[PDB]
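Report on the structure given below.
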Amino acid sequence: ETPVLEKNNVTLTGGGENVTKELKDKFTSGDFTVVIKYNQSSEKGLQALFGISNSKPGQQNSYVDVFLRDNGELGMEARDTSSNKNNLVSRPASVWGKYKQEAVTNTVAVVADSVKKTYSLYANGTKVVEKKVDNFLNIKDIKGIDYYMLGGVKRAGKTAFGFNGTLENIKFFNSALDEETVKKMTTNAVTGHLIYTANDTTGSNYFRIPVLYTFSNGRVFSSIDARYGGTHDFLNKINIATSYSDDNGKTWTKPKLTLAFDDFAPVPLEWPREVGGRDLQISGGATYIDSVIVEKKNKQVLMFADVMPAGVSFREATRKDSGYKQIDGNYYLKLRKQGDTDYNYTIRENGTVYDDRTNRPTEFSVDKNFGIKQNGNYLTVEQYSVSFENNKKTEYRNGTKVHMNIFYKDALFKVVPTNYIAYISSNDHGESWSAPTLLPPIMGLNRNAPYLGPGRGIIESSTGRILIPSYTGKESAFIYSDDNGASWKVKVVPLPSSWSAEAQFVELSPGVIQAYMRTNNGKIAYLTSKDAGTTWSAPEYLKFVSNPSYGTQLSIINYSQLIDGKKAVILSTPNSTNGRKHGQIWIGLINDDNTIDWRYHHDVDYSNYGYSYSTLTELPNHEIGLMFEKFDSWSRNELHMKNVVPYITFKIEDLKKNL
Ligand SMILES: CCC(CC)O[C@@H]1C=C(C(=O)O)C[C@H](N)[C@H]1NC(C)=O
């Protein structure tokens, strides 16, 4: 299948290029595919990559274009003046602007299919949107089309939406090309920055909450939430997926599901993005969410995640019960049998389920992955799948029989419907993992677990203490071990307001650590301890970041090399009061007195481009790896988008900007 027109290397500065002679009447069916490899020399304003129009005055709403905005949104219009049919299809955060001071080359495409009555948009290997419209228009449906141009739309004799940049290659086809074809054609160097992709080996269309960590053997490791029913935190099905690199982040393993329940199938789901439909949720599968990684001094790796029973969000999680009982000085996870009102059972030694009323073993036991057995045989339940037919969400039993599990809605014995924290360990730097262990009720029997601050933990150098950041919604909760992870305690620090206090740690000098965290006041807070985390100061606030009240998670790490002769920390965060945008990487230099000179910053892409959760690591060659949400993960307008969590790399030289 060959283009009706191909052009190369067309450099424009808002003025466009007439190609009317080389396109006139060549769209026989009226359908089209246009594939554009381009880079922008300026991001400002609404810019059309091409425009097919009726250019006569009074016909200025008769055109087809593909456009870009300054926030990375890719869109198309198909309009006809006389019928007053005005189609607009787009998806936020579809393209990249700049990377390390240079214009990024993207490849985008539009497909208009008359048989399906859909418009499709592709960017850098991804089909970002396909939308069926009632009032469909192809080129033949638009009346008096007489003008075909590159880099703008001709409206009433004037060039509108002038493009600034270079069209490196543009191809016009006069039919609708298939999805696989256009995905290949738009595949480029940007595509390689996506470690997790829609319907890869995780089976998930959506991801959020990336984490990076570099292990002592040189391996660069990531984890992430695989979110199946859109990007909702709740209700949903979420797994923790992982992937790693042994060549300094150049190539990554195919993602694996590492923490995953199977009450619901890990399937690719087409979650609706329309107003209203986008609030749709699955009824809730048992879920792991918000992972935290740390390497122990003995080189063992721990990964933590929040664990939620099926149907339980942060909103309905009981605040007044840990899910544990104390019996003869032991903390046992407690269970309610279907039909009982009280929790009459505990999981004790070897997983044996005891009736606490008679204090004897029952026929039941629970394995180390929470699966239920009776007299040594597994009980099962039927797994759910979710589908769309074609309003129209349905959930159904799908034929698969899975082990019955205490975290499932269909279990005979159920845990308290609240949140827990689990961890798994690896002695082979992430190739294989243990069974999960739930943290003991560190907050007390009559309180639920805290929520993890996604990112890393640290090991404080002077004492060897392991520190894992978490929060309750009213307090910081710094989870810690003084015995190489054999036991766990917690320091609870009341906060001045109800912060979603996702935090990360840095060590400024031996014994001295800071917890940088999200607030509900627009600022990044940091609290300081000078006794290795045993006591904490009142909060102070960074002066140069100003965000919305909801806040965003941040990443901060210690860096191993001197910068300007000083020890350095590296911070990544959005910085904008208008949304989760204007991603910045800041370099802070530690002064002799343990204050920090925030001397450099690098804007990650243009300032109106999306930037939400982030994670930094120091690569073994001392470059910096960053994985981040390249969209606004708070905005209702940016929910449920595919392939928006890229990995990129910086030399320190790239970051030492702006002073
Ligand atoms: C709205 C705050 C609330 C914490 C209580 O949600 C957090 C916010 C998030 C967010 O603002 O994007 C994502 C976190 N994964 C989520 N944590 C949990 C446990 O659901």
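The numbers used for chain A are those of the PDB entry, and the residues that appear cover 83-741, in sequence. How was it done? The header gives X-ray crystallography, 2.3 Å. Numbering of ligands and ligand atoms starts at 1, following listing order. Side chains included, hydrogens not; waters and symmetry mates left out as well; all remaining heavy atoms used.
Bound to ligand 1 with the largest number of contacts is the chain that the PDB entry calls Neuraminidase C. Per PDB records, the drug at ligand 1 is named oseltamivir carboxylate.
Using a 4.0 Å threshold on non-hydrogen atoms, atom 6 (O) of oseltamivir carboxylate does not count as touching the protein.
At a 3.5 angstrom cut-off on N or O pairs, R600 counts as close to oseltamivir carboxylate.
The closest approach between any non-hydrogen atom of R662 and oseltamivir carboxylate is below 4.0 Å.
Per the entry, the organism of origin for chain A is Streptococcus pneumoniae serotype 4 (strain ATCC BAA-334 / TIGR4). For oseltamivir carboxylate, the polar-atom distance check finds no N/O of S715 at less than 3.5 Å from any of the ligand's N/O atoms. At a heavy-atom cutoff of 4.0 Å, oseltamivir carboxylate is contacted by no atom of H314, backbone or side chain. The N/O atoms of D315, backbone and side chain alike, include one that comes under 3.5 Å of an N/O atom in oseltamivir carboxylate. Taking only non-hydrogen atoms, the option from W716, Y553, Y695 nearest to atom 10 (C) of oseltamivir carboxylate is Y695. Distances between N or O atoms of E584 and those of oseltamivir carboxylate include no value under 3.5 Å. Within 4.0 Å of oseltamivir carboxylate on heavy-atom distance sit the residues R290, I291, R309, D315, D372, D388, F396, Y533, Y553, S582, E584, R600, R662, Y695, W716.
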